[PDB]
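Here's the structure, in structure tokens; my notes come after.
All residue numbers in this chain count up from 1 along the given sequence. Determined via X-ray crystallography, 1.8 Å. Every heavy atom of this structure was used, including side-chain atoms; hydrogens, water molecules and symmetry mates were not. Just so you know, ligand 1 is whichever comes first in the structure, and atom 1 is the first atom listed for that ligand.
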Amino acid sequence: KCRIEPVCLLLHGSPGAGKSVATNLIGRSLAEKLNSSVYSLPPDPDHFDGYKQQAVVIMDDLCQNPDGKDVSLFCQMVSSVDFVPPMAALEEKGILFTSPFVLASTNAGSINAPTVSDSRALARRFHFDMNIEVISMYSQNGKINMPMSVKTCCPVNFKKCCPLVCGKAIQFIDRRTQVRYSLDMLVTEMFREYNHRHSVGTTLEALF
Ligand SMILES: CNCC[C@H](Oc1ccc(C(F)(F)F)cc1)c1ccccc1
Ligand code: NA
Ligand code: NA
Ligand SMILES: [Zn+2]
């Protein structure tokens, strides 16, 4: 346990609910706070082609019934263990996974791991576990309207505001408590959690 655990978000939404744009805006806002960038993890087995310790890793379109290999990898990523992603297949040197944020999205209502033990392990890692709701005036034919939603309407974590950012077009609902957030509010909550985990007091508390 030498690593601070990444702060992890899981977004559940129907197809066309804006999941991919939401994770890429949340990730870019967080990544810029850390003077870094976003990396989308390839879904295929050697998942880390292009990984350069970017501050934000995104996993889009998680399936409802993941492979044991996928569960295993995810549980390593979102933990305090030092580990080297599978890079030998890419003929690239082993580098440590050090990204402090992991964002994922799924069309599944609930992720079912192979065993209930694995389901518990996933649940303790999805620190922010949120449902996406698209507001009906910003959706047509089940698809979020991006021109409408990005048109400039101030926000805390973005330069300009738009319906996507301030909760007019898309909202996030906490799956446990039903508390509701805009995208802007969610970035604040996630960065606050990152600061909590890196604070001196928190890291010292772990010595007892
Ligand atoms: C074959 N297509 C799905 C492969 C895989 O799906 C996953 C689904 C769930 C998880 C979990 F649960 F977070 F571990 C991890 C991966 C995935 C999805 C997106 C990015 C990397 C891996
Ligand atoms: Na948490
Ligand atoms: Na509509
Ligand atoms: Zn706005």
**Request:** Find the chain in most contact with ligand 1 and give its name from the PDB entry.
**Result:** 2C protein
**Message:** Could you help me figure out which of vadadustat, thiamphenicol, fluoxetine, bicyclomycin is at ligand 1?
**Reply:** fluoxetine
**Asked** Which residues define the site around fluoxetine at a heavy-atom cut-off of 4.0 Å?
**Response** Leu41, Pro43, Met59, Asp60, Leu62, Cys63, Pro66, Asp70, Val71, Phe74, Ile111, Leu122, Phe126
**Request:** Please check atom 1 (C) of fluoxetine for a protein heavy-atom neighbour under 4.0 Å.
**Result:** no
**Asked** Which heavy atom of the protein is the closest neighbour of atom 7 (C) of fluoxetine, given with residue, atom name and distance?
**Response** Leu62 CD2, 3.8 Å
**Request:** Distance to 0.1 Å, residue and atom name: give those for the protein heavy atom nearest to atom 21 (C) of fluoxetine.
**Result:** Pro43 CA, 3.7 Å
**Request:** Tell me the organism the entry assigns to chain A.
**Result:** Coxsackievirus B3
**Request:** Considering the heavy atoms of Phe74, write down every atom of fluoxetine situated less than 4.0 Å from one of them.
**Result:** 13 (F), 14 (F)
**Asked** How far is atom 15 (C) of fluoxetine from its nearest protein heavy atom, and which residue and atom is that?
**Response** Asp70 CB, 3.7 Å
**Message:** I need the atoms of fluoxetine closer than 4.0 Å to a non-hydrogen atom of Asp60, numbered in the order shown.
**Reply:** 18 (C), 19 (C)
